[PDB]
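Just so it is clear, chain A uses the PDB entry numbers, and the residues here are 7-408, in order. Recorded method is X-ray crystallography, 1.8 Å. Every heavy atom of this structure was used, including side-chain atoms; hydrogens, water molecules and symmetry mates were not. In listed order, ligands and their atoms are each counted from 1.
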Amino acid sequence: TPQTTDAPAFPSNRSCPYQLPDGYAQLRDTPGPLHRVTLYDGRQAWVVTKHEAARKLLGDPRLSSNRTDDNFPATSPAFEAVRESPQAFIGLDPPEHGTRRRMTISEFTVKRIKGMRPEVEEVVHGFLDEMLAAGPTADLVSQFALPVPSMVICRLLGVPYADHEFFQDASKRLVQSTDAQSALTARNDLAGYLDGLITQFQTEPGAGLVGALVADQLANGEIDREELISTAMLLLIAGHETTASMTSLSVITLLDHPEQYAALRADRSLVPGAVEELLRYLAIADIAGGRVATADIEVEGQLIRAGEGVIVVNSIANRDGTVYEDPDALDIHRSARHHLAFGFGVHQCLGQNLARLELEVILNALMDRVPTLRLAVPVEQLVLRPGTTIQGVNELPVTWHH
Ligand code: HEM
Ligand SMILES: CC(=O)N1CCN(c2ccc(OC[C@H]3CO[C@](Cn4ccnc4)(c4ccc(Cl)cc4Cl)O3)cc2)CC1
């Protein structure tokens, strides 16, 4: 008897870095803002698959971000690590979301990001210096894509880059965790490290966001010590793991579209617009779209009930053809405005403009310093991370004219 279902398994895994999984193309192609899916443990949930309905639902305070709710949609057993408190503000609703978020925004302003450009350029060209001096073949991930945003986010936070071996290993173990025990261990490892850093700042006040939170909000009782740990850990992992994935997938994608990459090198004024298109097209943080309804929500004749899980799948929303004509075509010249790679609304990515800065500087540096850059293995041989985490590749063999 047939196996066809009306609530297919979710998430799906990419088989090409810049292509929707087959099941997601199916969801994109079916009319209506929502579709039922089956999560890993058999629970049904809703996915949002259309662009404006995704903006609307991201804007709806009845869809809560509280990951500790028992009805929050967990997409893998590893969710239990981040299901355990205290949540950073990414998992808070108004008004608590605002009080905590505002403790960090000063580090991510347009003015501050502008002020970081000389640092980002120096760090990028330093790791390129070292990689190009050693000659090919190199893994772009370990040699460049990951160290660059790690060094930058360390100075922003006041986390000593000398500890990068420890905290990068713990972050990777957390990001890649496929069961709760592995994820909790990695999280506990980072948590204890950050607790010791807090104690060091209480002895010796210091620079960086962590040092600022310790000396002010923590000392006034306005943030819990373990809330500070959760917030710093969010920013540290988002600050280097997510951006690193965006670099490697962008390089793969541009090399698979040689005409567009050549147009980009020939006119660097196109880089900001290319960055927006790559963000729309690669949408690497599908995993960040989970919500839980605290009240019934009517959506174009379909009803979300209080207690149901909803996942706003921004990658599928970003392929909405009513917003992006020929949505599966990479076009660095198109209008990629209003894309949802960073979300929308009160939770829109705090790091978005640092990510935009870093990708711009990195793309120009690679075109400047390594114009002969090419992959050292076929694209099909690369290993893509599954849909249960941030999209990316575990390694990226590259070569170039030595
Ligand atoms: C290409 C890189 C990145 C992408 C695609 C991305 C994606 C996202 C998305 C989709 C959200 C919305 C989550 C939701 O609605 O629940 C978000 C939130 C957030 N991101 Fe990013 N992110 C990136 C880089 C960064 C960086 C570099 C940081 C630096 C610390 C960062 C920090 C945050 C924070 C703190 C939030 C929570 C915002 C809030 O709850 O008010 N992200 N991100
Ligand atoms: C639920 C599940 O399957 N898993 C496995 C993947 N996990 C994971 C993945 C990435 C990660 O990096 C930093 C976290 C911080 O926020 C996200 C998304 N993000 C990244 C940058 N800006 C936002 C995120 C990621 C996962 C989930 Cl469920 C929700 C969210 Cl907002 O990454 C930290 C943990 C742990 C939970």
Exercise. Which macromolecule does ligand 2 make the most contacts with, named the way the PDB entry names it?
Worked result: Vitamin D3 dihydroxylase
Exercise. Under what name is the drug at ligand 2 recorded?
Worked result: ketoconazole
For this session: Define the binding site of ketoconazole (ligand 2) at 4.0 Å using heavy atoms, by chain and number.
Result: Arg73, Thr81, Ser82, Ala84, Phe85, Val88, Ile96, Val181, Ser183, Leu240, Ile243, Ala244, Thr248, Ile293, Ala294, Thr394, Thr395, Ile396
Problem set entry | Origin organism of chain A per PDB | Streptomyces griseolus
Exercise. Protein heavy atoms: any of them under 4.0 Å from atom 17 (C) of ketoconazole (ligand 2)?
Worked result: no
For this session: Run the numbers for me: atoms of ketoconazole (ligand 2), each under 4.0 Å from some heavy atom of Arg73, listed by number.
Result: 31 (Cl)
Exercise. Which ketoconazole (ligand 2) atoms are under 4.0 Å away from a heavy-atom of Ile293?
Worked result: 25 (C), 26 (C), 27 (C), 28 (Cl), 29 (C)
Exercise. What protein heavy atom sits nearest atom 22 (N) of ketoconazole (ligand 2), and how far away is it?
Worked result: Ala244 CB, 4.0 Å
For this session: Check ketoconazole (ligand 2) against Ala294 and write out every atom of the ligand that is under 4.0 Å from a heavy-atom position of the residue.
Result: 18 (C), 31 (Cl)
Problem set entry | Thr394-ketoconazole (ligand 2) polar pair, N/O distance under 3.5 Å | yes
Exercise. Of all the non-hydrogen atoms in the protein, which one sits nearest to atom 34 (C) of ketoconazole (ligand 2), and at what distance?
Worked result: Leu180 CG, 4.2 Å
Exercise. Does the protein put any heavy atom within less than 4.0 Å of atom 14 (C) of ketoconazole (ligand 2)?
Worked result: no
For this session: Could you check atom 9 (C) of ketoconazole (ligand 2) against the protein and tell me its nearest heavy-atom contact, residue, atom and distance included?
Result: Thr395 OG1, 3.5 Å
Exercise. Counting each atom of ketoconazole (ligand 2) from 1 as listed, which ones have a heavy atom of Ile96 under 4.0 Å away?
Worked result: 16 (O), 31 (Cl)
Exercise. Measured between heavy atoms, which UniProt-annotated calciol-binding residues of chain A are under 4.0 Å from ketoconazole (ligand 2)?
Worked result: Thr81, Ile293
Exercise. What protein heavy atom sits nearest atom 19 (N) of ketoconazole (ligand 2), and how far off is it?
Worked result: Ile396 CD1, 4.4 Å
Exercise. What atoms in ketoconazole (ligand 2) come closer than 4.0 Å to a heavy atom of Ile243?
Worked result: 12 (O), 13 (C)
For this session: Return yes or no for this condition: an N or O of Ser82 is under 3.5 Å from an N or O of ketoconazole (ligand 2).
Result: yes
For this session: Using a strict cut-off of 4.0 Å, indicate which atoms of ketoconazole (ligand 2) neighbour a heavy atom of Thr248.
Result: 20 (C), 21 (C)
